[PDB]
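The model below depicts Aldo-keto reductase family 1 member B1 holding AT-007.
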Amino acid sequence: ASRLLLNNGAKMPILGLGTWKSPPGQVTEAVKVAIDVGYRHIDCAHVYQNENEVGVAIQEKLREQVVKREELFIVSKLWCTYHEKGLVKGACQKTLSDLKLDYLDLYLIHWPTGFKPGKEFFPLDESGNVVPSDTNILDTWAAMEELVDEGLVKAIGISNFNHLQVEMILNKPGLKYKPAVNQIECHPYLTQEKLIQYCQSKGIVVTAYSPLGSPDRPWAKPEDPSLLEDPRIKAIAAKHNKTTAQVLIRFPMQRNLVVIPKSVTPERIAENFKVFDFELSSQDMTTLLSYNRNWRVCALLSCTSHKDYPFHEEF
Ligand SMILES: NC(=O)c1ccc[n+]([C@@H]2O[C@H](COP(=O)([O-])OP(=O)(O)OC[C@H]3O[C@@H](n4cnc5c(N)ncnc54)[C@H](OP(=O)(O)O)[C@@H]3O)[C@@H](O)[C@H]2O)c1
Ligand SMILES: O=C(O)Cc1nn(Cc2nc3cc(C(F)(F)F)ccc3s2)c(=O)c2cscc12
């Protein structure tokens with residue numbers, strides 16, 4: 001509808017605002033505008049290095065009595081350098097301190113790969129390989145469950161897990177909480193049908209990231225594929241008298257996914273919200289699904305030999 005139910009009974013807004021690459025100097029105004037426009041879900045992470053500034057916006061709007069806390073669905077994520085069981089609570093509390101909140105709605109394992117603990121987000125050796133840590137997804141999951149038990153987070157989940165990694169959590173001895181959500185890259189050029197079918201079949205809500213193809217990702221080249229400029233998608237938009245962004249946001253919604261487009265531009269933040277008053281046809285949905293090229297925006301070559309690297313599997 002406009003929300004999907006999670007395994008804890010919470011209603012997750014199907015549309016949220018993404019914050020990766022939203023600079024600290026611009027993000028506060030972006031989140032204020034988004035809340036005004038009607039977004040009730042913000043996707044955050046410690047590695048985005050902007051949680052303080054998102055927190056400022058949230059507090060402004062709570063103080064303005066625009067929203068109360070219970071009407072917001074705030075997501076953040078545990079960065080790769082904090083997979084050690086003993087570091088998880090501190091990481092969560094730092095995020096909470098930065099966001100100026102007392103709890104998160106959802107806290108995710110950001111990637112299945114643990115990285116060497118320390119002050120660098122991407123610890124590299126002298127040949128530029130990311131340095132891994134002696135951590136594993138099951139032990140980290142156990143530490144995530146403690147956060148629920150402690151009341152710091154309402155729901156926990158995973159991000160960028162392949163179907164075997166999801167399976168490993170579900171099959172964990174002594175599992176206490178099933179993951180609520182798996183947040184994965186999803187757009188017409190990477191449709192993920194098998195992994196979505198798997199996750200949904202298992203009662204895990206899927207959130208689609210990079211739904212516009214992340215045209216501002218820092219490793220994009222001007223010649224790379226571009227969803228917003230794909231003339232085939234432009235045609236589908238024109239037929240509905242919508243923008244290509246609206247089509248791209250609507251597409252995951254009709255697959256029963258949560259979607260989290262990012263913008264720091266007020267006009268676009270508003271534009272991107274106007275997706276609840278039209279429907280893509282069956283033909284439109286099939287056509288968009290047929291553009292799948294297994295083209296992935298978010299992967300790092302410097303991690304491909306990690307034991308937990310998620311993208312060697314078919315799904
Ligand atoms: N879990 C993970 O590992 C992971 C990985 C990637 C992303 N994510 C999450 O998913 C969110 C969304 O993915 P993303 O940031 O990679 O990219 P995205 O949402 O696919 O694309 C954002 C880009 O599209 C532009 N844009 C947005 N609305 C527009 C519109 N209506 N017209 C034209 N251009 C438009 C933005 O420009 P402006 O901002 O300048 O307006 C920005 O350059 C992230 O911010 C983050 O919250 C999670
Ligand atoms: O992690 C995000 O949400 C987006 C993101 N994505 N990436 C690309 C990444 N790919 C991976 C791949 C892995 C893995 F699991 F495949 F090894 C782990 C961490 C990363 S981060 C970045 O380099 C980066 C710098 S700040 C935010 C990012």
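Residues: numbered from 1 along the sequence shown. Ligands are counted one by one from 1 in listed order, and the atoms in each one are counted from 1 as well.
Here, the model contains AT-007 as ligand 2. For AT-007 (ligand 2), the heavy-atom contacts closer than 4.0 Å come from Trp20, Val47, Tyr48, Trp79, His110, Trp111, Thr113, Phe115, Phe122, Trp219, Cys298, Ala299, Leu300, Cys303, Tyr309, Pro310. The entry gives the source of chain A as Homo sapiens.
Looking at the UniProt active-site residues in chain A, the one nearest to AT-007 (ligand 2) by heavy-atom distance, rounded to 1 Å, is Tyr48, 3 Å. Closest protein heavy atom to atom 27 (C) of AT-007 (ligand 2): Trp20 NE1, 3.0 Å. Summary of contacts: the protein heavy atom closest to atom 12 (C) of AT-007 (ligand 2) is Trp111 CZ3, 3.4 Å. At the shortest separation from atom 17 (F) of AT-007 (ligand 2) among protein heavy atoms lies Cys303 CB, 3.1 Å.
Atom 7 (N) of AT-007 (ligand 2) has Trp219 CH2, 3.4 Å as its closest protein atom, hydrogens excluded (heavy atom only). For a threshold of 3.5 Å applied to N or O pairs, the pair formed by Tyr48 and AT-007 (ligand 2) contains at least one separation below that value. As for UniProt substrate-binding residues in chain A, a heavy atom under 4.0 Å from AT-007 (ligand 2) is present in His110. Distance from atom 24 (C) of AT-007 (ligand 2) to its nearest protein heavy atom, with residue and atom name: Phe122 CZ, 3.8 Å. Taking UniProt's list of NADP(+)-binding residues in chain A, a heavy atom lies under 4.0 Å from AT-007 (ligand 2) for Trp219. At a cut-off of 4.0 Å, the other ligands and ions listed near AT-007 (ligand 2) are ligand 1 (NADP nicotinamide-adenine-dinucleotide phosphate). The shortest N/O to N/O separation between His110 and AT-007 (ligand 2) falls below 3.5 Å.
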